[PDB]
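Check out this one - TAS-120 (bound form) stuck to Fibroblast growth factor receptor 1.
To match the PDB entry, the residue numbers of chain A are left as they are there, and the shown ones run 464-588, 591-644, 663-765. All values below come from the heavy atoms of this structure, side chains included, with hydrogens, waters and symmetry mates left out. Structure method, as recorded: X-ray crystallography, 2.2 Å. Note that ligands are numbered from 1 as they come in the structure, with each ligand's atoms numbered from 1 the same way.
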Amino acid sequence: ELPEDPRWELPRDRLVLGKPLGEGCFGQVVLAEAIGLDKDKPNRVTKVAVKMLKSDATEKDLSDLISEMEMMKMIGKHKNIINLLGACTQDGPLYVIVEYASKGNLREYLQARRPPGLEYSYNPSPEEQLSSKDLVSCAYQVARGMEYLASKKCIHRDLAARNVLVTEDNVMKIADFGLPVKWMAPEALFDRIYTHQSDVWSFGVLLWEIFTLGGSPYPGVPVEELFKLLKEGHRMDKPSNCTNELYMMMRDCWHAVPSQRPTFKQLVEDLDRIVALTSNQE
Ligand SMILES: */C=C\C(=O)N1CC[C@H](n2nc(C#Cc3cc(OC)cc(OC)c3)c3c(N)ncnc32)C1
């Protein structure tokens, strides 16, 4: 009994469900083909992803899934977020249709492009390596995504490389912006205060994830201790490949006083200059 929205509705018959993209996980998300998403090209098929409830679902799981859709509707369309493409609401179980990212999440994507011969950080797949310009480009893109969300007054609350998806064209797309401790600003850990500024903290941890080609942060640090260490001014060490400039950016993102962290506007501008001066040669 969900209200019809003709801005977004797709007839179930124009949707062909393929294989699950999930690896036995949250909700369900399957690959599909959508017939005539564009009303001006109704004979073209488009590869899409489809989120639906599992068999074992509750009336809170459905309300959560509904909220998510209604929010994506309000936030609007950007290159660097996962966009809503449509929905099947009326004729059976709720389907939410979104953009397909062929290369998976950003952690996986970076891991698979690690040098094979690193004992420190092994390659668990061996895809072509990324230049340092490619890596600064990933960070620029995710920052643009977040600049947009921020401008729509959306606070992500769990920005991380897991929650960034990568397309066939290597386009970074922020996910789950409408629904872990080691990505949370201290004021989020302590006082449960979430802001654009606490998102900027998380983006710092995400820069670290990028430049470690998908490392796990604070390696060996127990969660229980984590708060105290940070209060005492503990920060992660620079990654080995990371320039001093980009480490400064991470540290700035990790300012203890929230008001002193840079904005996503500033980070975008800064990553735009950095990308342009960074070489692809290595
Ligand atoms: C349980 C499945 C899972 O965790 N996957 C990770 C990799 C696979 N995968 N998930 C998605 C997605 C999605 C998505 C993103 C949203 O962004 C706001 C909102 C959604 O529902 C309302 C769903 C995905 C995509 N898009 N392409 C490729 N693989 C994907 C399964």
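- At 4.0 Å, heavy atom to atom, the residues around TAS-120 (bound form, ligand 1) are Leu484, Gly485, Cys488, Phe489, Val492, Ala512, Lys514, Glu531, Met535, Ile545, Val559, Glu562, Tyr563, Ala564, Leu630, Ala640, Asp641, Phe642.
- Residues of chain A contacting TAS-120 (bound form, ligand 1) are concentrated in UniProt domain Protein kinase.
- Annotation for TAS-120 (bound form, ligand 1): atoms under 4.0 Å from non-hydrogen atoms of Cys488 are 1 (C), 2 (C), 3 (C), 4 (O).
- Among the atoms of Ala564, some N or O lies under 3.5 angstrom from an N or O of TAS-120 (bound form, ligand 1).
- With ligand atoms numbered from 1 in the order given, TAS-120 (bound form, ligand 1) contributes 22 (C) to contacts under 4.0 Å with heavy atoms of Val559.
- Atoms of TAS-120 (bound form, ligand 1) found under 4.0 Å from any heavy atom of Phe489, numbered from 1 in the order shown, are 1 (C).
- Inclusion of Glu562 in the set of residues having an N or O under 3.5 Å from an N or O of TAS-120 (bound form, ligand 1) is warranted.
- Close contacts of TAS-120 (bound form, ligand 1) with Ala512, meaning ligand atoms under 4.0 Å from a residue heavy atom, involve 25 (C), 26 (N).
- In the structure, the covalent bond to TAS-120 (bound form, ligand 1) is made by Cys488 SG.
- In the PDB entry, the organism given for chain A is Homo sapiens.
- Atom numbering of TAS-120 (bound form, ligand 1) starts at 1 in the shown order; those under 4.0 Å from a heavy atom of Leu630 are 11 (C), 12 (C), 24 (C), 25 (C), 26 (N).
- Remark: TAS-120 (bound form, ligand 1) atoms within the under-4.0 Å shell around heavy atoms of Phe642 are 18 (C).
- The active-site residue of chain A per UniProt that lies nearest to TAS-120 (bound form, ligand 1), with minimum heavy-atom distance rounded to 1 Å, is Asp623, 11 Å.
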